[PDB]
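In this PDB entry you will find cetuximab.
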Amino acid sequence: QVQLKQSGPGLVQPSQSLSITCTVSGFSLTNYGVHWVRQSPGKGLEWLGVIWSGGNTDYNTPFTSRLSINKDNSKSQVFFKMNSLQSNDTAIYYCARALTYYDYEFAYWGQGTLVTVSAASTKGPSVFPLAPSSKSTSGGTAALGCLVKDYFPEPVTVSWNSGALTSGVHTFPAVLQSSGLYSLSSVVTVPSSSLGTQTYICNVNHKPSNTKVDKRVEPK
Amino acid sequence: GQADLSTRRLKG
Amino acid sequence: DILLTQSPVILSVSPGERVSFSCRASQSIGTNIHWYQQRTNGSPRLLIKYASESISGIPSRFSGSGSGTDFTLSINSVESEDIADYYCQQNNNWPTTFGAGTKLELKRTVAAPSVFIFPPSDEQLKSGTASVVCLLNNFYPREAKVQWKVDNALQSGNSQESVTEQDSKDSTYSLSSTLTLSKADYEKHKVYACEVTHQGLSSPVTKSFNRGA
Ligand SMILES: *[C@@H]1O[C@H](CO)[C@@H](O)[C@H](O)[C@H]1NC(C)=O
């Protein structure tokens with residue numbers, strides 16, 4: 001029942017600042033320090049700093065002047081704030097808790113927060129069906145999918161039939177198009193005979209633009 | 001060798 | 001800061017085999033090293049703390065050793081679900097630092113891709129763009145060629161590929177090739193074909209459709 005949940009992924013403009021909330025449960029901020037760790041293309045896993053039980057903070061050397069960590073013990077919330085972001089601050093940001101109150105053995109992690117630094121605007125995606133067909137069958141097995149196109153920034157979550165359908169699902173890594181917008185597909189293979197009985201819906205969520213689309217996918 | 005954004009995994 | 005070097009960057013083993021991850025430190029760090037597993041879309045998962053100590057919920061097949069500068073993360077009998085990245089962390093010296101990681105991939109028998117092609121939806125054609133998608137599903141090894149042809153014209157530069165990480169259950173990959181066209185170009189031609197080449201196919205497989213049917 002120990003958990004850390006972070007605020008949603010988002011875009012930040014160059015030189016602007018980054019704010020993330022880590023809400024914890026199954027323990028008390030008065031008893032444990034919360035650490036912040038990011039993971040970037042440039043530097044991999046990188047420890048950023050910590051807020052201790054009693055409110056003291058330590059910040060990693062290159063972040064002394066642009067990092068502030070605060071908390072609200074009663075609300076079980078820890079607040080991370082970093083100023084003056086540049087492109088190479090694009091990274092997944094994590095809060096984490098150690099096993100023991102004073103240590104650095106990170107046993108519990110938040111789900112991460114993908115932060116993109118860019119001057120671009122947020123754009124929600126269009127969802128298009130990848131319809132099952134004769135040219136999409138294979139010995140009693142049909143492939144079908146969703147094309148999630150022209151969004152920014154990453155990430156987008158896709159699930160099938162509201163979480164209920166997982167077997168045979170592949171959600172591909174997003175590719176960056178020349179437009180500078182991203183695109184990905186998510187596919188699933190199902191029995192051909194279930195195409196008449198079962199409904200198939202990809203649930204698309206692009207949190208940075210708050211775009212939620214449920215796309216029904218049918219034989220054409 | 002490096003962390004990939006689209007993958008959340010190492011890629012080359 | 002203490003530099004941690006993980007070698008090699010990539011490990012490829014068959015299931016049931018033993019596998020060692022190496023992590024070397026730029027000066028002695030005693031036994032103050034922790035190891036993590038990171039799966040696709042996952043947060044780091046703590047496997048071993050202080051070089052050799054167990055963690056609740058981590059399978060017994062994971063263990064670690066070493067002291068000073070040379071450490072090993074061991075999986076004695078590797079399973080398909082161990083497909084992940086593995087990191088080491090030192091905390092003998094402030095600030096705690098992480099190695100760059102080692103990728104663990106599994107070997108398995110050759111598996112030919114199942115190939116499926118999808119015309120652009122009429123929905124998308126309204127927007128003025130056409131995407132043609134070719135899916136290569138559940139194959140091994142990763143290397144594959146997708147060739148696009150429109151009315152026998154070779155397509156080049158106007159497609160993009162994405163490949164899933166290795167599946168944790170069956171150790172296969174899947175690949176999508178998206179050919180992108182203007183609607184105008186799309187409505188100007190009839191035959192859309194993707195030809196797939198792979199080690200598991202005795203000859204290339206072509207999936208095609210005619211715009212319309
Ligand atoms: C980003 O750029 C700065 C220089 O402006 C550099 O010191 C830093 O190491 C770079 N990489 C990351 C991941 O911040």
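Residue numbers start from 1 in every chain, and the chains themselves are labelled A, B, ... in the order their sequence lines are given, proteins ahead of strands. Because only heavy atoms are used, hydrogens play no part in the values below, and waters and symmetry mates are left out as well, while side chains stay in.
All instances of cetuximab together account for chains A and C. Applying a heavy-atom cut-off of 4.5 Å to cetuximab (chains A and C) picks out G1(B), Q2(B), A3(B), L5(B), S6(B), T7(B), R8(B), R9(B), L10(B), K11(B).
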